[PDB]
Q: 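Okay, here's the structure I mentioned, the one with metformin.
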Amino acid sequence: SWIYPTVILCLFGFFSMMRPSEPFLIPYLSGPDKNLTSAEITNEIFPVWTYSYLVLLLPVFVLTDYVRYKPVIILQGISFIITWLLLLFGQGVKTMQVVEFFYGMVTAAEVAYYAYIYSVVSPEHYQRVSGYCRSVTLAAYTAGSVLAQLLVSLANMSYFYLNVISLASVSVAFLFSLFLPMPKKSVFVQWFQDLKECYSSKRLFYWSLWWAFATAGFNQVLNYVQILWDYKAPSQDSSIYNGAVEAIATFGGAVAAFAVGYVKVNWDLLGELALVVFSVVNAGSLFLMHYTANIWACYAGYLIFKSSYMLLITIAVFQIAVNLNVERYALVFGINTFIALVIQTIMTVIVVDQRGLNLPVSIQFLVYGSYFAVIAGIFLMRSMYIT
Ligand SMILES: CN(C)C(=N)NC(=N)N
């Protein structure tokens, strides 16, 4: 019953996220293969990704539910092929901006990937499926990560062929997405009112509020944890270690996601308790990374933070899916992701941008830990009052 769509979507999300070039993305397109400058790379190529992500998330939650979640997934499969074909056979800054654009399309449609499996299975499985889905994606990343390192350490395989393997992987994901079962059929202000009825759930305007604010800080930590590690321990082994300490971290997240799916625990009443415990765990882990001048303890702190976040976000997605009581699975996921990315953009503007605070990475993770400490504090105080 639920097994067939779940296996196909897990295969799609595995082969679509098994990307060996993701770690060595910067070495690929800043070395002899492309000679993109580091000045033109993070100031002209990468910033296009956030804008494309925003302006393509705008249709994705408006129109994903109407199209029954498969054409957007298929659009991700095609955009995966186009993105890595353009990376693989593209030259110049203008081309990589288009690459970024298609990557933003890829992620805005990965939102639909997350919603689709809820669109096809009964709510009784919504827990299990949830973990499995997230797990496979994380697992895929870890696989790709380690595979990349292996292909750089035992085969001396260039970044070009890593991108070739990435294209081969995401092309198989397109074939798996072609086999996904089609879900069965279900002015401006009116639409807004519908949104009000969609978010009306007490435990879904709360879980969504956690989703909106937690993943922004999580993305920020993902982006600048490499910089934090480089600052804490300057060494010549960052290429084989840093990404390697984020390969197992992701693996931990995977297990954490697989923790939600496998075990049969009533999350409806442990949801608040688990939310507050793992949010204060995220805060303590982020403070652990900043305060200790030892990269071995900071690695464990990052692993704990990533695992607890992945478990919490799996719980959040599951609880939003079951308590939604409307078909708008991608509308809530899409709007949550869009608001989270808006918060991430605003806060990365204030804290790390030159025109803002321009805080170094020494205080950046103190700020991130304070921010998460604030999310944990709001949920902790709200839960304490209710009781
Ligand atoms: C160019 N590609 C494929 C990216 N992953 N880009 C990115 N902004 N990380």
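The PDB entry numbering applies to chain A: residues 11-196, 261-461, in that order. Determined via electron microscopy, 3.1 Å. Counting convention: from 1, in listed order, for ligands and their atoms alike. The figures that follow rest on heavy atoms only: side chains count, while hydrogens, waters and symmetry mates do not.
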Q: Mind telling me which chains or ligands belong to metformin?
A: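 In this structure, ligand 1.
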Q: Which chain contacts metformin (ligand 1) the most here, in the terms used by the PDB entry?
A: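 The chain with most contacts is Thiamine transporter 2.
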Q: Mind pulling out the residues near metformin (ligand 1)? I'm using a 4.0 Å cut-off on non-hydrogen atoms.
A: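 At that heavy-atom cut-off, the residues are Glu32, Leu35, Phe56, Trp59, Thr93, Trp94, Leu97, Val109, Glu110, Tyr113.
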Q: So, looking at metformin (ligand 1), which transmembrane segments of chain A come under 4.0 Å by a heavy atom? UniProt numbering from the N terminus, please.
A: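 Per UniProt, and measuring heavy atoms only, that is 2, 3, 4.
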